[PDB]
**Student:** 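I came across a structure with streptomycin and want to understand it better.
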Amino acid sequence: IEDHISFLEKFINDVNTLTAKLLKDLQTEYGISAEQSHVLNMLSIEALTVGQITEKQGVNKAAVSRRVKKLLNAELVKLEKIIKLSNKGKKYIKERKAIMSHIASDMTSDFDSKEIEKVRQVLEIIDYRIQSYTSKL
Amino acid sequence: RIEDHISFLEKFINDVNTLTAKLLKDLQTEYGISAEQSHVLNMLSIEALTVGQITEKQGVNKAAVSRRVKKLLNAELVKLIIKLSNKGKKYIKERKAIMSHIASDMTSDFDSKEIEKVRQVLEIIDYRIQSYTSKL
Ligand SMILES: CN[C@@H]1[C@H](O[C@H]2[C@H](O[C@H]3[C@H](O)[C@@H](O)[C@H](NC(=N)N)[C@@H](O)[C@@H]3NC(=N)N)O[C@@H](C)[C@]2(O)C=O)O[C@@H](CO)[C@H](O)[C@H]1O
Ligand SMILES: CN[C@@H]1[C@H](O[C@H]2[C@H](O[C@H]3[C@H](O)[C@@H](O)[C@H](NC(=N)N)[C@@H](O)[C@@H]3NC(=N)N)O[C@@H](C)[C@]2(O)C=O)O[C@@H](CO)[C@H](O)[C@H]1O
C-alpha cells in the first residue's frame, strides 16, 4: 500500500550500499568518487548537461559542476555539445558491468526466467509511467 | 540477458530517483533543506542510528554525514544517540503523502496479484543483497 513505497526505498538503499562496496576498488583505481561513478553511469544511458544531471539528481548545481569537469580533465566524459563518454569512461562502465553481472548472477541462478519476464514487463510499464510523469513536473 | 535486467533495474532506479527529486524539490525548499538532508531524515523516519553506521549505509565518505547531522540538528528536525524530532516527522508525512498518491495513481490499474509477485521478487532479491553485503 505505502508498504511498497517503503520497501522500494529500502531496496534502493540496499542496492546502493552493495554497489558502493562492490565498486570501492575500481573507483579508487580510477581517482573517481562514488558520486562521480554515478554520473558516469547516468551517462551510460544518455548524454546530458550539468543542468539535466542536476535535475535528475536533485543536488546543488555547483557540486555537479565540480565533478563534471573533474571528469573531463580525466578524459572519462567528453564535449560532443553535451556530455558524452570516452573509452576510458566506457571501459570503466564495462568493468562496472562485469562486477555487477557477476554477483547478480550468483544470486539469481535459481530464478525462473518466465517469472522474471512478467515481473519485468510490469516494471517496464511502471518505468514508462515514471519517465512520462517526470517529463511535465 | 542478465546484463539486460541489470541495465533496466539500474535505469528503473535512476528514474525513481529522478522522480522523487522533482516531486520533492518544492517541499525540501519549503522546509529549507537539501536533498541529502532529506535522505538523512528518511532512514531516521524508520529508526534512529548514530554515526558509524550513518556512513556505512550511505557509502558517502567521512563526516559529511555528521556535517548534515548537525546541519539538521540546527533546524531542529533532528534530536539527541541522534533520533528524529516532531519537526521532521511532519516533513516525512508530507513526503509520504506526495510519494504514495503518485505511486498509487501509477499502480491503481494493476491486479494486486501482479504487484505482489513483483514485491515478492524484489523482496527475495533484497534478501540475497543484504546477506551478501553482510559477507562484508
Ligand atoms: C565548481 N567547483 C567548486 C569548487 O570545487 C573545486 C575543486 O576542488 C577539489 C580539488 O581539486 C580536489 O583535489 C579535492 N579533493 C578530492 N579528493 N577531490 C576536492 O575535495 C576539491 N573540491 C572542491 N574544492 N570543491 O576543483 C576546483 C577546480 C573546483 O571545482 C573550484 O570550483 O569548490 C567546491 C566547494 O564546495 C564547490 O562546491 C565546487 O562547486
Ligand atoms: C531512504 N532515503 C532514501 C533517499 O531519500 C532522500 C534523497 O536524498 C538523497 C538525494 O536526493 C540524492 O541526490 C543524493 N544522491 C547521491 N548520488 N549523492 C543522496 O546522497 C541523498 N541522500 C543521502 N546521500 N543520504 O533525496 C530526498 C528526495 C529523499 O528521497 C528524501 O525525500 O534517496 C531516495 C532516492 O529515491 C531513496 O529511495 C530513499 O529511500
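Numbers restart at 1 for each chain; the letters A, B, ... are given by sequence-line order, proteins then strands. According to its header, the structure was obtained by X-ray crystallography, 2.8 Å. Any value given below was found using the heavy atoms of this structure, including those in side chains, with hydrogens, waters and symmetry copies removed. As the structure lists them, so they are numbered: ligands from 1, and atoms in each ligand from 1.
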**Student:** Name the main binding partner of streptomycin (ligand 2) here according to the PDB entry.
**Tutor:** Transcriptional regulator TcaR
**Student:** By chain letter, which other chains contact streptomycin (ligand 2) with heavy atoms under 4.0 Å?
**Tutor:** A, B
**Student:** What is the source organism the PDB records for chain B?
**Tutor:** Staphylococcus epidermidis rp62a
**Student:** I'm trying to map the binding site of streptomycin (ligand 2) - which residues have a heavy atom under 4.0 Å from it?
**Tutor:** A:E9, A:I12, A:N13, A:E35, A:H38, A:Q57, A:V59, B:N17, B:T20, B:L24, B:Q28, B:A35, B:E36, B:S38, B:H39, B:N42, B:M43, B:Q58, B:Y91, B:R95
